[PDB]
Q: 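Model contains ciclosporin. Questions to follow.
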Amino acid sequence: XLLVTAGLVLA
Amino acid sequence: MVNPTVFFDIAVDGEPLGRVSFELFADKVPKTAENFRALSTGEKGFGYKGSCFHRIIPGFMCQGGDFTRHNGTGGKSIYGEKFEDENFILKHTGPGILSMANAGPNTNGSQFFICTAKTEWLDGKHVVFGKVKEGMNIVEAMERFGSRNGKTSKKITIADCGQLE
């Protein structure tokens, strides 16, 4: 996917 | 409030593509702007001077760097390995929006990103503390050679960091 976190980016 | 300025250069495989600079709203957030400022010079045992990028998606966002400690996922801040938030007075008007990245509440490591579009689903979650005054062209040029497979122009790396004291 189109997320912007800090640890375990997923689809 | 005499806002500071910061920038850093991008290298496309042992080649300088160009510089990208950013203006921070220290006036509004004279606290979290410093975090970014420090992450340039990359003292305090971290920063963008790790010569590496995470990923580049064409038509969404662009960034990379920081972390570097835990299998390419390091990251501590000048206020600790975590840090509280500020507010969401600012919003995401569209492209050229400099927003932070977070992995929970009161958990803002340091890493940020450029928004190259209207990330309306990130608004309210990410902290906007600056904008891309100039360099969007370089960012676009960068994204043009990006991909969703998590590879970009062979191997883009941070050439050098700025920090305009």
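Lettering follows sequence order; numbering is per chain, from 1. Quick check of the header: solution NMR. In this summary, modified residues take the one-letter code of their parent amino acid or the letter X; atoms added by the modification are disregarded when contacts are counted.
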Q: Which of the ligands or chains here are copies of ciclosporin?
A: chain A
Q: What is ciclosporin (chain A) bound to here, taking the chain with most contacts and naming it as UniProt does?
A: Peptidyl-prolyl cis-trans isomerase A, N-terminally processed
Q: Looking at chain B, which UniProt domain houses most residues near ciclosporin (chain A)?
A: PPIase cyclophilin-type
Q: In this structure, which residues build the binding site of ciclosporin (chain A) when a heavy-atom cut-off of 4.5 Å is applied?
A: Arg55(B), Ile57(B), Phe60(B), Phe67(B), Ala101(B), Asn102(B), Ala103(B), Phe113(B), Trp121(B), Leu122(B), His126(B)
Q: Counting only non-hydrogen atoms, what residues of ciclosporin (chain A) lie less than 4.5 Å from chain B?
A: Unk1(A), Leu2(A), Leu3(A), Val4(A), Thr5(A), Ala6(A), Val9(A)
